[PDB]
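Sodium/potassium-transporting ATPase subunit alpha, liganded with istaroxime.
Protein chains get the first letters and strands the later ones, always in sequence-line order, with residue 1 at the start of each. All ligand and atom numbering here is 1-based and tracks the order in the structure.
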Amino acid sequence: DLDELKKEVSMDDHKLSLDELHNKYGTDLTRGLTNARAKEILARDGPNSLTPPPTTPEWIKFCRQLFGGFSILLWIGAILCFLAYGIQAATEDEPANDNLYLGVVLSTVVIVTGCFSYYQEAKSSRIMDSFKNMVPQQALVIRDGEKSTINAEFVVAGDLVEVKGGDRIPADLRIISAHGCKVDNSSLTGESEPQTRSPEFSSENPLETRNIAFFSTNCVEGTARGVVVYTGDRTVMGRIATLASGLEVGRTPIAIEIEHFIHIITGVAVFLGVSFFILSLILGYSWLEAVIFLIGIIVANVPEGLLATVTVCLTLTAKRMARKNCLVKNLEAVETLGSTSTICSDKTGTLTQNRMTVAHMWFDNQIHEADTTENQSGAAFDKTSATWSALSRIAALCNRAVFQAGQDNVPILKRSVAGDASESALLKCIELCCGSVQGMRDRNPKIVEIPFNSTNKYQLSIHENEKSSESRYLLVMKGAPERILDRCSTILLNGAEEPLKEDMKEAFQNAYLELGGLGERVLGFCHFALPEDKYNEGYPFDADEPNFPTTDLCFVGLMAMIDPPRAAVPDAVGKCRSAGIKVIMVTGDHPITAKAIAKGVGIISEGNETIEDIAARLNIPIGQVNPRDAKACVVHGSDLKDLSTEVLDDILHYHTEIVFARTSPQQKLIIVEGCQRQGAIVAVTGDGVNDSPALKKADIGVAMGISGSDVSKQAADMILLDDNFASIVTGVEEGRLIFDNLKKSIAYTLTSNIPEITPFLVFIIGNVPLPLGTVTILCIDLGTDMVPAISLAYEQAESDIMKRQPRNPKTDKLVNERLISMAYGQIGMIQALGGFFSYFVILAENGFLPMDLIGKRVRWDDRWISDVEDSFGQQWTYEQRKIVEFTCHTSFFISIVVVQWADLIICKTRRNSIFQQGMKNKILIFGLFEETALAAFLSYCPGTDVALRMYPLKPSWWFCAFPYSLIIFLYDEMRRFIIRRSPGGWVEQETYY
Amino acid sequence: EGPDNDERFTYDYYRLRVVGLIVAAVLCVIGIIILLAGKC
Amino acid sequence: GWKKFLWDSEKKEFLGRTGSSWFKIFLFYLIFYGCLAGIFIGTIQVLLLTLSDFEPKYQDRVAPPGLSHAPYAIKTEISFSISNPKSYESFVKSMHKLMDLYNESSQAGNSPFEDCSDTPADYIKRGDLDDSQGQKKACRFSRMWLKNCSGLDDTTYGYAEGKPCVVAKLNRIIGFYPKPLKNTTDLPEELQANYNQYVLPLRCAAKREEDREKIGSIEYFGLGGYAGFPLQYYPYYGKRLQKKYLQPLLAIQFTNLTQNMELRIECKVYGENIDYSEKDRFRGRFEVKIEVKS
Ligand SMILES: *[C@@H]1O[C@H](CO[C@@H]2O[C@@H](C)[C@@H](O)[C@@H](O)[C@@H]2O)[C@@H](O[C@@H]2O[C@H](CO)[C@@H](O[C@@H]3O[C@H](CO[C@H]4O[C@H](CO)[C@@H](O)[C@H](O)[C@@H]4O)[C@@H](O)[C@H](O[C@H]4O[C@H](CO)[C@@H](O)[C@H](O)[C@@H]4O)[C@@H]3O)[C@H](O)[C@H]2NC(C)=O)[C@H](O)[C@H]1NC(C)=O
Ligand SMILES: CCCCCCCC/C=C\CCCCCCCC(=O)OC[C@H](COP(=O)(O)OCC[N+](C)(C)C)OC(=O)CCCCCCC/C=C\CCCCCCCC
Ligand SMILES: CCCCCCCC/C=C\CCCCCCCC(=O)OC[C@H](COP(=O)(O)OCC[N+](C)(C)C)OC(=O)CCCCCCC/C=C\CCCCCCCC
Ligand SMILES: CCCCCCCC/C=C\CCCCCCCC(=O)OC[C@H](COP(=O)(O)OCC[N+](C)(C)C)OC(=O)CCCCCCC/C=C\CCCCCCCC
Ligand SMILES: CCCCCCCC/C=C\CCCCCCCC(=O)OC[C@H](COP(=O)(O)OCC[N+](C)(C)C)OC(=O)CCCCCCC/C=C\CCCCCCCC
Ligand SMILES: CCCCCCCC/C=C\CCCCCCCC(=O)OC[C@H](COP(=O)(O)OCC[N+](C)(C)C)OC(=O)CCCCCCC/C=C\CCCCCCCC
Ligand SMILES: CCCCCCCC/C=C\CCCCCCCC(=O)OC[C@H](COP(=O)(O)OCC[N+](C)(C)C)OC(=O)CCCCCCC/C=C\CCCCCCCC
Ligand SMILES: CCCCCCCC/C=C\CCCCCCCC(=O)OC[C@H](COP(=O)(O)OCC[N+](C)(C)C)OC(=O)CCCCCCC/C=C\CCCCCCCC
Ligand SMILES: CCCCCCCC/C=C\CCCCCCCC(=O)OC[C@H](COP(=O)(O)OCC[N+](C)(C)C)OC(=O)CCCCCCC/C=C\CCCCCCCC
Ligand SMILES: *[C@@H]1O[C@H](CO)[C@@H](O[C@@H]2O[C@H](CO)[C@@H](O)[C@H](O)[C@H]2NC(C)=O)[C@H](O)[C@H]1NC(C)=O
Ligand SMILES: CC(C)CCC[C@@H](C)[C@H]1CC[C@H]2[C@@H]3CC=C4C[C@@H](O)CC[C@]4(C)[C@H]3CC[C@]12C
Ligand SMILES: CC(C)CCC[C@@H](C)[C@H]1CC[C@H]2[C@@H]3CC=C4C[C@@H](O)CC[C@]4(C)[C@H]3CC[C@]12C
Ligand SMILES: C[C@]12CC/C(=N\OCCN)C[C@@H]1C(=O)C[C@@H]1[C@@H]2CC[C@]2(C)C(=O)CC[C@@H]12
Ligand SMILES: [Mg+2]
Ligand SMILES: [Mg+2]
Ligand SMILES: [Mg+2]
């Protein structure tokens, strides 16, 4: 799978002859191949079917979810716990099982997190499998001089293949004979209108010539013949799909942030461990013990509930997205939208609707605009003049297309119409504001019609007049406005008729250039009442000689048409630009149309100008103007092929409104890479196969759901099942909101670390009884704490999020030193002091004063000293003193919950005050209530002092942590005050997360 | 008091546990009330 | 990166800040932590003002007293060879440490010691738990009372020829009055003979029914010759109100002990305000695993 030979732009053998072609692959132009020869080739190289994707077993991704960056940290933690247990078992008798419990718990945490994340990605895969609807297809091949329809998988290189309007081009053909055949090259090349296929050659670029049919394309109208030049995976879209599959994946921004977070957590963990390992070796302890101390300190500094909390956090924002029809295949792709700063979009199928629609109409020397929006939510065009009625009769009659049988259910715009795209657009507009065309057509019987001619350049026909008072004959004709203008002498103004003096002739010229400059295609409609005296009701006007007056007709008005963009496209583009997101158009369509659509969706703001526009406004050559005075630029693909790396960097560095036109898929990929080389996140939004290499290499791909291709849909990361473009704006908003929330929850789960470690440090340095046990730390990290941290995600915005500039990736991180200074430095310290306070209180009330506790651990732990004197002289057995130590663990845990109340409240808001935002978050309130009920339940339920070792507390103890909590609340309140009044001051660059 | 000062070494932990459970239960209910208050 | 974040020469920064910044952060943390320390200290002083010096507010975790002994057994086992002297040294050393506090030289004068009934007697109340009267007075407990286990005659105390001793002791509790079982028809078998009301009985036996036969004659030594604790040595007024206070002791000689075999001996005290616990094996009773292997 040579990638460089796949990265190269397509080459071909188009510039040849029919004899050279038949001489190179071997084939009869009039008899085709022989069946024996056909099978010899079929078996010689392979069926004309693309290879299947590389199946992914479910155990592989399950093992994937069991690993990663966070789960790996928890894995090493469990390993360390079992190592310390082994050492304690082989070195001392009666080894405590604390470490073995902590290790099996960490392993269970990793396994549960993996099961949940895996289940979600599987859910998305199932709903994703319900979209591949593959109905077999059979082609028409001519062998031994006979026509046969065989499965698409049996076509080989060399046989003759015939196509008909409505069928799909099987393989890559070389047209040999055509009959007004047109094909839809929108998915592969990106051409909105139907390009006519002809046996003759026209352009050096194979994608532009008409003598080549392509894979996955469809023949709109006409029939054609051709020799199969390319077959199977070796086809154009085959090489494109193989290239897409042979591209790397990358590494999202959220993953990098979690990685740097673990980097800091391990830095401070190994620092505290190697340092207290030297201090213990200086205070007397032995090596065997110091090793256990090192492992214990490095494990206590690891957040276990953070993994589950972060997972649930990310999972919550994805449901909100699934409620508005935005599905993500992975789980972290939900945050990439908020961090995006440059959106590369596609035009055909993404920025537009890929459907021709009547845009502007000319009548009564006045331009009228029609509604060109999917759901028909706009302004009518004043249907009260007679002119409009005559226009409706002209277009509705002089038109041969008709809705496809059985569409009585779909809407007027989404139904299937058999015919050209112009007659279809006209039929839809008439059927839209003029009622049923089928009755309008049967109301006037068509007598004789002269089909569109290459010389006449017009389409005309005569029908009877439904006027019950006028039995005359009606003649209507449509065609190019210039040709029709040369055939009139009257004008239907407001109903009456008038001459064609030069005043209206010039008004018609300006109208023609107005509709033309708008990137639209205009047509002219005229009619005339045939005198029943010179052509009675019985005379038959056979289409042979001049039976109708070509000139002296009555011109009624022009009718333009063009493909309109999707409903929420302009608003969404404007919203993205408002958020500081650079919108760059990347499409393979004609620049004359791309520029107009750009000036219509917001990419090229009205007023900005290109170098050619300046040269045209001044009437001077283009090589004289300076390119710095032009904000927007249109880069052509042909020119893009010959450009250096620095030139592209400068193109993106100096032009704010860039539009890449006529760019190949490979060039699209090159553009995405050119955007990444600097340092910004990229989001590519597309629909066809040409977008597959662009959606894959981009930081985040957005594929359309209804109008998208299967390859680009399988290679994208986010799918728009409703094809709504405003969803991009919604996504960029949610991506930010859940970011500020992740910061708040992380500071919350990190603040409790200090009051969970300090006890052991003072235990080794000061020799006091153990203040915080292991089953209590587990009841705080994995229990109570989970609901509040999960609730911190439901927090609303503080200021307008859709107003601030995009976050800088090189400077504004997710976890900075400003957070560590708060959680580990100021709040956690107060919480630890409160815990020690409740501790000393419990031991002072039972008889052990603070002066006699320093220096007792050796005898307080000894299991054979049944006479330990306290500060008053009483003798305490071993189990009696242990019961008190456990009750001290229970109260320490309750103190933690009490201080967590004020921590969850000060963590709710990062800058604003509580009396401003408000406690409208019902989940947080529920978290506090549940957090308290669980602590009371774990202490007061019978049999807990046996199972978990937590004894009941005396009602006067529960109030030892209250002052510390209020103090935490007041300190953070005054903190979040100087930041507001003093913007940019010390409190901001020192404590503002 | 004096010799029969047995009460000086007794504590009614039973009644304390009963009350602490009643309270825990109440707090739990109130919590649920607040949580579902709005979805009806 | 590596080098710059360490020392750049344009902004004259070290580790990130200039000379003046590290000072702002250090000064802030010093003031902050100083306030934290002062607050914690104040909240601890009010606590010192809340407790009393002559009595523990809560005395429920020590209601049923324990029963400890003089030898320090690692797993409540006494195993030693009658030949090798460096085998029972850990025992004699402890025993000695315990009896070394009942030396007569320590107990001398009128203060703060007082001569009490040579025969078991009743309680003695030296007033309330106050400082009005000065340091209360405690009864004297002589070594010699313990006859064959006193280290005054056979320093080793028995361990020298297969006849070890075990000095039992009742855990000291403030304001605790020991109360013995009354003479009514319900009383254990053992306790009937020698019912001196004023004596708290201590009686050892064998854990299993089999071991009875292998344990010989349990000879107890005590005040008055009884196997118990005289009620006159209570109550205990606490260290502050009764420094230089001695708690009664009871010696137990396990004469005629079968050789080369592990014997499980459970000693138990009997009384009203005495209750045992299936979890704490030292509450009221105690277990010893003697094995005189020679
Ligand atoms: C409480 O009483 C303890 C015993 O008191 C003795 O008996 C009472 C009834 C009175 O008569 C009293 O006056 C007696 O002293 C008392 O402990 C005793 O303290 C002395 C002084 O250190 C010890 O004497 C020394 O003995 C060692 C060898 O001891 C051997 O036996 C003991 C067991 O008894 C073993 O533990 C040892 O390991 C040995 O196996 C001598 O080597 C040592 O020599 C020193 O003195 C000589 C002159 O005699 C000098 O030439 C040397 O240079 C040395 O300076 C002493 O002779 C005595 O052993 C010890 N008794 C016991 C049982 O340990 C205790 O201190 C008192 N405590 C309080 C708080 O009042
Ligand atoms: C029994 C007793 C109990 C004991 C309990 C102890 C509990 C432990 C509590 C806290 C642990 C503290 C450990 C250190 C934490 C430092 C945080 C840290 O390393 O965070 C990482 C930051 C990175 O941040 P960023 O990503 O935003 O950078 C972006 C840079 N861009 C954008 C320019 C490229 O790196 C930085 O900050 C740069 C590194 C600065 C390192 C400073 C080291 C100070 C440590 C000790 C000082 C002690 C002196 C005492 C004497 C005072 C004089 C009287
Ligand atoms: C000595 C002991 C020390 C203890 C220290 C720890 C304390 C931590 C616990 C509680 C702290 C409570 C702090 C009180 C803050 C009240 C703030 C407040 O009232 O601000 C008013 C807000 C603002 O409104 P607005 O103008 O934006 O509205 C606009 C409406 N429009 C849009 C229609 C116009 O109004 C709103 O938020 C809407 C109404 C919300 C009402 C909330 C009431 C619930 C409050 C607390 C729950 C209790 C938790 C107890 C935990 C213990 C469990 C056992
Ligand atoms: C929206 C949905 C709402 C759902 C809310 C659900 C809330 C559920 C509320 C209550 C159910 C809790 C479990 C009930 C346990 C009953 C245990 C029991 O009745 O024990 C009685 C006996 C004690 O007898 P004794 O006094 O003679 O013993 C003397 C022992 N001496 C003398 C040797 C010291 O027990 C024994 O003997 C053996 C003790 C066995 C230990 C079992 C305890 C289980 C341990 C951990 C599980 C707790 C996890 C936390 C789950 C939180 C969920 C929110
Ligand atoms: C959504 C909100 C959830 C809230 C729930 C709170 C989360 C809790 C998180 C972590 C706590 C789990 C830690 C497990 C501790 C096991 C302790 C253990 O195994 O100790 C072994 C003890 C032996 O003790 P010893 O040597 O003194 O015996 C001496 C006996 N002699 C002397 C008489 C012979 O044996 C015994 O206690 C025998 C009785 C066995 C008791 C097993 C209790 C298991 C408790 C929890 C496991 C299920 C939790 C799942 C919920 C997850 C929530 C996310
Ligand atoms: C032992 C002592 C006990 C004392 C108890 C005292 C209780 C007092 C009760 C209520 C307090 C008064 C209500 C405050 C209402 C203020 C309304 C208001 O308009 O506020 C606005 C100002 C913020 O203005 P700004 O210019 O920064 O806005 C900048 C906005 N931008 C950024 C868009 C430009 O807000 C602020 O100043 C808020 C700053 C207030 C900080 C004081 C905190 C008081 C401490 C605890 C309160 C008690 C709650 C817990 C109950 C425990 C029960 C045991
Ligand atoms: C049991 C637990 C108890 C805990 C109680 C804790 C109480 C301690 C609270 C605060 C004490 C710390 C005060 C430190 C003062 C020295 C700091 C200093 O040297 O600062 C210098 C700066 C002035 O330099 P600059 O910005 O002009 O230079 C610009 C330079 N460039 C560019 C780097 C920004 O100072 C400034 O900015 C002014 C900022 C001053 C900091 C205000 C923080 C106030 C926080 C809390 C007070 C509320 C206590 C409520 C307790 C109620 C108890 C019931
Ligand atoms: C905005 C957020 C609202 C949040 C509301 C949450 C709802 C709170 C729910 C329940 C709390 C009430 C608890 C009442 C329980 C009393 C039960 C009782 O019988 O308990 C007696 C103990 C005395 O025990 P002992 O050891 O002496 O005897 C032990 C004797 N043995 C053991 C031998 C039997 O006493 C105790 O537990 C004392 C019980 C604690 C006293 C409550 C203190 C309230 C604190 C602040 C609230 C102030 C509100 C001011 C109004 C402002 C309006 C604008
Ligand atoms: C949508 C609306 C939802 C509403 C739901 C409402 C749920 C119902 C709410 C409350 C139910 C209250 C039940 C009260 C039970 C009292 C049991 C009790 O007082 O037992 C105490 C005694 C044990 O005393 P001890 O002498 O061994 O003490 C130790 C003495 N030393 C250690 C010094 C020797 O019990 C014993 O002997 C026998 C114990 C037998 C086992 C009883 C099982 C109780 C366990 C859990 C039930 C509590 C759940 C409450 C809901 C909390 C939600 C988080
Ligand atoms: C101490 O135990 C010994 C047994 O070890 C008792 O003496 C034995 O008595 C039986 C008769 O019942 C004789 O057959 C043995 O020969 C005796 N053995 C020895 C070593 O004397 C002795 O009576 C016990 N003494 C006490 C006071 O319990
Ligand atoms: C919002 C703020 C001010 C509310 C503060 C509520 C505090 C005071 C409440 C929350 C839970 C409560 C405790 C819940 C359970 C018990 C056990 C019971 O046997 C005695 C009361 C006691 C100890 C309560 C005392 C008051 C208490 C601590
Ligand atoms: C709000 C903050 C900054 C106030 C902190 C006040 C500090 C400095 C005060 C509060 C309580 C005070 C203590 C109260 C009691 C005593 C006992 C006395 O025998 C020596 C002084 C000493 C030890 C005091 C030292 C100073 C102290 C700790
Ligand atoms: C350090 C610790 C395990 C880790 C721990 N918390 O882990 C939470 C992870 N965030 C704290 C525990 C303690 O304080 C007690 C520690 C225990 C390891 C085993 C230890 C060191 C012992 O042999 C006795 C004390 C035990
Ligand atoms: Mg497209
Ligand atoms: Mg991707
Ligand atoms: Mg923790």
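- The full list of places where istaroxime can be found here is ligand 13.
- Going by heavy atoms, the other chains that come closer than 4.0 Å to istaroxime (ligand 13) are A.
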